[PDB]
Amino acid sequence: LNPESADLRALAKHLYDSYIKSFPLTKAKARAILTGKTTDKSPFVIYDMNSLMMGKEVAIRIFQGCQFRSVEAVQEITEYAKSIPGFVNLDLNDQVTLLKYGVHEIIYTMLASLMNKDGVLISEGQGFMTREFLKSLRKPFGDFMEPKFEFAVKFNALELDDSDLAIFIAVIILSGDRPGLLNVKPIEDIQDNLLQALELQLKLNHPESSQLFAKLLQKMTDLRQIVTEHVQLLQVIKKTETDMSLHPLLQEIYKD
Amino acid sequence: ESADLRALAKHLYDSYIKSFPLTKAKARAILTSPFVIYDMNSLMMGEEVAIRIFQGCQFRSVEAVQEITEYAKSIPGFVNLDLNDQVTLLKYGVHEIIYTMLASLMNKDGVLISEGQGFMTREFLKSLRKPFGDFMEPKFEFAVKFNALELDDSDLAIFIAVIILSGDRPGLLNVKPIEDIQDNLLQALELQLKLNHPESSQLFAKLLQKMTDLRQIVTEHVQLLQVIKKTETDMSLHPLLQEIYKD
Ligand SMILES: O=C(O)CCCc1cc2cc(Cl)ccc2n1S(=O)(=O)c1ccc2ncsc2c1
């Protein structure tokens, strides 16, 4: 290669490294747990009430647990964000805006890593809660996870690994078509670079996968819908469950 | 190889020119002489006001759907798909294409209408009643961003075909051949933008990301269209007219 796509490989390497250091449960660990494996080890499976207890009603602590984890993930993603070259040099206000619109799309992207068609890993991989148990939860909580699984099954079909995902989520943060950005130009120059990095990375890592770059970027449409749909379901849960609390961090991100 | 990709591109451009009366090249020249509609008086002396304007947007959309349908049938492979699947792809595709192509007819201040014989002001449209004042605005906001890419008709012809061959539409029966065709169209689009816009880095990626905005415009637009159902309704003189305009 030439010394320009060489700078692109170094950026890919930097981002992957930051990704490993920022996120405790990688796709590689998640698949080892889900699949096999002598590396890593067996999850306790929650598929019903008694299994849940072996692990204030249940639909609601399950939702409460999920939202605490969300906040947990926002902290991890925010820590990854800082490592993206150029990010912390941007107008502070735009850093906040990029994160605000970025984190949930990233959350559901990385959530796919922890999912198969049958359920999702929980508690850093020590548990596995089935899709059917989640869906059997009560109106409305019953289908708050379903659009996540639907996306995940289609996304996981791309067979990305962590080194791919690391650049992808960086692309997502550095959008610049985000509402209310002050300096779009500096943001777009960064994303242009990241998109180059992602394109080279996918050609090298998935040579036989045609137009993976285009198909992965199209997935960005699925994410936005999940987020939009989740936000609305949340508005509903708030009004019907007036004793349901939301974390102010998530509320602050949700406001608008 | 680049052989089939350039023929694909040329073919779609030719079909695009044939199927769509007003091209972007044509519209851009005019935007830079049309009857301007800035007021009620200009609307009248060039023609329920806000309702006549909405129903005119409907007439135009119905026309556009037929133009898009004809274009689709020109996309190599499209007519060989399961017919249910062709109908599904057009069904969920035309709104996104309608607004994509509408951006060709807009600047930040207004939109061409009636074959470019007219031009309706963004402020006049925005000044309309409720809810008829918020229906066009999000399209102007999309258009301002989309037009920043400065695509031309030969770029758009292929992009439009990419949108039509979306293998993720609900209820598709055989997704494989649809993705197979889109893959080829994506290749052709990538090479087109690389040849036509060498100095514009990652234009292919930027355009694809625009699809997420498209989808949201369409989604929130159909949600306003239901709200319009809770405005005007039962009139036994419409029926045949109402039938012509489904969704
Ligand atoms: O193992 C990990 O790293 C935690 C993996 C994720 C996770 C941990 C967890 C713990 C409990 Cl007690 C309950 C649900 C849990 N989930 S989750 O998948 O349901 C989830 C997470 C984020 C999120 N944001 C919007 S909806 C949503 C749902």
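Order of the sequence lines fixes the chain letters, A, B, ..., with proteins taken first and strands second; residue numbering starts at 1 for each chain. Per the header of the entry, the method used was X-ray crystallography, 2.2 Å. Every number for a ligand or one of its atoms is a count from 1 in the order of the listing. Note that these values count all heavy atoms, side chains included, but never hydrogens, waters or copies made by symmetry.
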What is the identity of the drug or drug candidate at ligand 1? lanifibranor
Provide the name in UniProt for the chain that contacts lanifibranor most. Peroxisome proliferator-activated receptor gamma
What are the letters of the other chains having a heavy atom under 4.0 Å from lanifibranor? A
Quick one: what's in the binding site of lanifibranor at 4.0 Å, using heavy-atom distances? A:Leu25, A:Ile62, A:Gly65, A:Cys66, A:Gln67, A:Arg69, A:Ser70, A:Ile107, A:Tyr108, A:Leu111, A:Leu114, A:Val120, A:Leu121, A:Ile122, A:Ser123, A:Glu124, A:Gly125, A:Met145, A:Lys148
For A:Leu121, take its heavy atoms, then give the atoms of lanifibranor lying under 4.0 Å from any of them. 5 (C)
Atom 21 (C) of lanifibranor - nearest protein heavy atom and its distance: A:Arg69 CG, 3.8 Å
Give me the nearest non-hydrogen protein atom to atom 11 (C) of lanifibranor as residue plus atom name, then the distance to 0.1 Å. A:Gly65 C, 3.9 Å
Would you mind pulling out the UniProt rosiglitazone-binding residues of chain A that have any heavy atom less than 4.0 Å from lanifibranor? A:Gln67, A:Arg69, A:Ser70
Backbone or side-chain N or O of A:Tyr108 under 3.5 Å from lanifibranor N or O: no
I need the nearest protein heavy-atom contact for atom 17 (S) of lanifibranor: residue, atom name and distance, please. A:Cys66 SG, 3.5 Å
Of all the non-hydrogen atoms in the protein, which one sits nearest to atom 18 (O) of lanifibranor, and at what distance? A:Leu111 CD1, 3.2 Å
How far is atom 22 (C) of lanifibranor from the closest protein heavy atom, and which atom is that? A:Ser70 OG, 3.4 Å
What is the UniProt domain of chain A where most residues contacting lanifibranor are found? NR LBD
Regarding lanifibranor, does A:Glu124 bring an N or O atom to under 3.5 Å of one of the ligand's N or O atoms? yes
In the deposited model, where does any covalent bond from lanifibranor land (residue and atom)? none
